[PDB]
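In this chain, numbering begins with 1 at the start of the sequence shown. Method on record in the header is X-ray crystallography, 1.8 Å. For ligands, and for the atoms within them, numbers begin at 1 and follow the listed sequence. Heavy-atom basis, side chains included; hydrogens, waters and symmetry copies ignored.
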Amino acid sequence: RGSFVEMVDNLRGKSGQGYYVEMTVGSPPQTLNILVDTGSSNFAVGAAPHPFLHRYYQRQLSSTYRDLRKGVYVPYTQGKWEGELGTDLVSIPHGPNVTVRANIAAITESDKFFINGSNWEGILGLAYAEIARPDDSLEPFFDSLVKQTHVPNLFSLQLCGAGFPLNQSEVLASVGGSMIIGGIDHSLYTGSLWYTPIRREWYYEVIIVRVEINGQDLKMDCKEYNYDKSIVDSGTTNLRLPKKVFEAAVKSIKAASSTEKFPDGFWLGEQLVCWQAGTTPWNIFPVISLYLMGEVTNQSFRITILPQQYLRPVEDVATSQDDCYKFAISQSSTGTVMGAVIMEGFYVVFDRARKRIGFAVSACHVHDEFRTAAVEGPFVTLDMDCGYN
Ligand SMILES: NC1=N[C@@]2(c3cc(NC(=O)c4ccc(F)cn4)ccc3F)COC[C@H]2CS1
């Protein structure tokens with residue numbers, strides 16, 4: 001049974017541009033679309049005109065706006081945002097039937113933050129206060145929600161990739177998935193949920209203990225997989241891997257798929273590759289298994305993704321009926337990032353109450369009739385020291 005009908009199908013978007021949920025801020029309520037971001041911890045919204053924003057938070061029109069008289073500056077690798085801190089009443093229309101007073105960073109300047117055509121106007125950082133900006137005294141949204149209401153301290157995400165390109169109209173009209181606030185909806189997954197511990201409450205940090213490509217062990221010291229951390233991050237597109245793991249994985253994926261040769265720019269995630277309509281050779285590309293530490297001592301389980309997850313559908317650079325994709329695995333210098341293309345394979349339970357992350361096969365993962373994504377266990381013979389310090 002699906003017990004959270006009110007919140008099922010409340011997301012829209014896609015791996016290229018992000019998955020978002022509708023929220024309201026202020027009194028009377030101002031509706032905004034907000035990126036669901038498990039890899040940061042600020043609730044930050046556009047609050048001044050911008051060429052890529054169709055709307056924005058207007059603090060002067062909110063009777064419940066409270067000015068904290070404090071700026072926040074947030075540079076990150078790909079860009080930056082800065083703005084002004086305050087609080088206001090916030091609700092999620094397709095969410096729990098509650099309204100909370102939460103911190104809001106009113107974005108006044110940004111660089112490469114907003115995405116033309118994404119249809120979102122702010123971000124909902126769902127990770128922990130430790131990585132909030134300017135510091136850990138700025139209570140994140142979810143903490144406020146839990147403190148102020150009877151909502152259980154847990155949320156779950158089903159991100160649904162289409163498996164093909166969606167034009168602007170289609171992505172607006174399409175259901176992109178679900179964020180279930182306070183619970184687990186059984187209709188969103190098949191098979192069993194398997195849980196891995198949250199190593200530390202800052203990012204949603206986990207520990208990978210083994211990596212296989214088509215069943216072949218990458219055979220790296222498991223610390224390499226978590227150097228310098230491994231996180232589950234809905235606010236990143238790709239599966240990102242530490243440099244040395246990336247190099248070893250790409251070598252192995254190339255070897256598995258070697259019946260076709262792809263240019264270097266494809267493997268660099270820059271260049272698309274295309275096949276005649278319907279003829280994408282899924283079967284030449286390997287499955288990828290990530291083994292995660294179990295809750296039981298000396299046990300692990302694995303999550304297995306298909307090329308239908310790690311090849312991201314993109315429309316052709318020229319007009320055609322070809323099926324085209326970009327390689328959605330890329331190198332990282334800040335650890336492993338299980339981004340949206342990985343999350344598209346799975347229903348993911350962020351069980352904050354029990355300090356654990358659950359994975360099950362998603363009811364909306366893209367596959368073919370020969371192979372599916374999998375979550376399987378337990379495995380009891382693995383060497384598990386895998387965390388980086
Ligand atoms: N997890 C991260 N969150 C941050 C962030 C994320 C994004 N996300 C996206 O555009 C995006 C697009 C496609 C996707 F499938 C997912 N996300 C945009 C701005 C931005 F600042 C906020 O804190 C650090 C920064 C960099 S890593």
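- The drug name recorded for ligand 1 is LY2886721.
- Most heavy-atom contacts to LY2886721: the chain UniProt names Beta-secretase 1.
- Residue contacts with LY2886721 for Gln17 involve N, CA, C or O but no side-chain atom from C-beta outward (heavy atoms, distance under 4.0 Å).
- Annotation: atom 15 (F) of LY2886721 to nearest protein heavy atom, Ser15 O, 2.8 Å.
- Residue contacts with LY2886721, taken as heavy atom pairs separated by less than 4.0 Å, involve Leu35 solely via side-chain atoms from C-beta onward.
- Distances from atom 27 (S) of LY2886721 to the heavy atoms of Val74, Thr334, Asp233 show the closest one on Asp233.
- Most of the interface of chain A with LY2886721 sits in UniProt domain Peptidase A1.
- Summarising the contacts of atom 16 (C) of LY2886721 with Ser234, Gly339, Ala340, the nearest heavy atom is found in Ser234.
- Of the protein's non-hydrogen atoms, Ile115 CD1, 3.3 Å is the one closest to atom 10 (O) of LY2886721.
- In this structure, the protein non-hydrogen atom closest to atom 23 (O) of LY2886721 is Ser40 CB, 3.4 Å.
- Contacts with LY2886721 closer than 4.0 Å are made by no heavy atom of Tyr20, backbone or side chain.
- Contact annotation: for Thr38 versus LY2886721, there are no heavy atoms closer than 4.0 Å.
- Remark: among candidates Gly235, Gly18, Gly122, the nearest residue to atom 17 (N) of LY2886721 is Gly235, based on non-hydrogen atoms.
- Remark: minimum distance from atom 4 (C) of LY2886721 to any protein heavy atom is reached at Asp37 OD2, 3.5 Å.
- Of all the heavy atoms of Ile123, the ones lying under 4.0 Å from any atom of LY2886721 belong exclusively to the side chain.
- Residue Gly16 places a heavy atom less than 4.0 Å from LY2886721.
- Comparing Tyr76, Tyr19, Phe114 by heavy-atom distance to atom 21 (F) of LY2886721, the nearest is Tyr76.
- In this structure, the binding site of LY2886721 at 4.0 Å (heavy atoms) is formed by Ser15, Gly16, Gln17, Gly18, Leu35, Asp37, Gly39, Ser40, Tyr76, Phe113, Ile115, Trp120, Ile123, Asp233, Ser234, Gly235, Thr236, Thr237, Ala340.
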